[PDB]
Amino acid sequence: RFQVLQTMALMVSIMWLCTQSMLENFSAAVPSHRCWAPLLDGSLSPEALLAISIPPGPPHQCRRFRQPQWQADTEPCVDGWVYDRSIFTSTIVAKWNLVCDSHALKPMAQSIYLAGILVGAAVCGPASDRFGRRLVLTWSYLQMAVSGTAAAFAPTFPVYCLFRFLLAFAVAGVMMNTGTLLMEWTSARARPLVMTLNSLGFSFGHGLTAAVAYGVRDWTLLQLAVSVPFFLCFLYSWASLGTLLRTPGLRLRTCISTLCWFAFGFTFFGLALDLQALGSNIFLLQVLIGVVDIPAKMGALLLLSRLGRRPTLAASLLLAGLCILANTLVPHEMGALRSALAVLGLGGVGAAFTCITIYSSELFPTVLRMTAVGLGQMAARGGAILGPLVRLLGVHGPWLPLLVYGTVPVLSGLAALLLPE
Ligand SMILES: CC(C)(Sc1ccncc1-c1ccc(C#N)c2ccccc12)C(=O)O
């Protein structure tokens, strides 16, 4: 009774935590924009007017003819940008003009968020040890709620990034304490099931985010809505690494497990946080991510049970990488196929997360098990921090970030073939 109720509450918390993580692709979606031109803001056709007021692009994002030319002089967006509000009424990109010259700020915002996750885990470890895990979890709920509300009403971009950093600082503690509490009260034999249940809670959070963002098209309102439930969550909440590396034989397993954690984190947080490239419809992609993760993670658990631990992880990582590579390979015209491939890739990445979480426990003796799992978690968080950054390589071509996202998991899975069991 108590175990199931606690599991349900923590599943709800994880759903909302996934919402916090994945909100960025909605609250930071880049709308179609253009320099604010006077002649565009003898009237003629809007298409013709825009043709004589904005140079053509591969509709140029950030240029405008100095004087309306009827038919070099192109100049930057001196007066600002005009954002298309057909989908989103407001966004951080539209609010702070994170386009073109300052385009790197959005992926940099996502990197700051993930660095906040890393720092929050690092601090909450010793804090959760020093103070009760339940107390730290309650304080993390409170911090998540307040940081989300503040970042919703952030006046300037540095303030928004700072409060996203503190929000991540809090979510790291939330995740740490939720996982620890689930582990403590669950029988050692039932650990794979509990891990799968938590991952399924995250999958449900994907669709929850999709629905909330669909309803609330204002980034301020979206952030505030996703942050409010943590107020209620707070209300009703009431063997060192040196030795691990020293051992000679362990080095192979340690390196490969850490590489797998890093590959999962990098690929997921570099792809999951930018679904605009993956598919045309962000809401549909967000929904399908969870809709496929559910069966994907269930099948991952089934294969893990019957097909084995190592081959299941290898298959999941290879599937993710190959699907991402195909997505960047198949023609951009075939949008449906690319969206399906991206959904399959994210499902495989989630399955790989389940597999590695349930596998790294077995790979190492009980004395070093906690240290190995912690090292894997830290590597995953570092890869997450590096995830959004590689999207900056898209300036040369949008295919390069996806090529990196695909070749990382493929190589990690191939390396996963050397694991013992
Ligand atoms: C930081 C991560 C990647 S975890 C994490 C931290 C913060 N935000 C989300 C996740 C996360 C990402 C994908 C998941 C999936 N699928 C997932 C499932 C359950 C719990 C968290 C996640 C790690 O620990 O290395």
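Heads up, chain A uses the PDB entry numbers, so what you see runs 15-55, 65-81, 85-97, 111-277, 335-517. Atoms considered below: every heavy atom in the structure, side chains included; atoms not considered: hydrogens, waters and symmetry mates. Just follow the structure's listing: the first ligand is 1, and inside any ligand the first atom is 1.
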Exercise. Of all chains in the model, which has more heavy-atom pairs under 4.5 Å to ligand 1 than the rest, named as the PDB entry has it?
Worked result: Solute carrier family 22 member 12
Exercise. Which drug molecule has been modeled at ligand 1?
Worked result: verinurad
For this session: Write out the binding site of verinurad as chain and residue number, heavy atoms closer than 4.0 Å.
Result: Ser35, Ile156, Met214, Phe241, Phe360, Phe364, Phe365, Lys393, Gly446, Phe449, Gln473, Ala476, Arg477
Problem set entry | TM segments of chain A by UniProt number, heavy atom under 4.0 Å of verinurad | 2, 4, 5, 7, 8, 10, 11
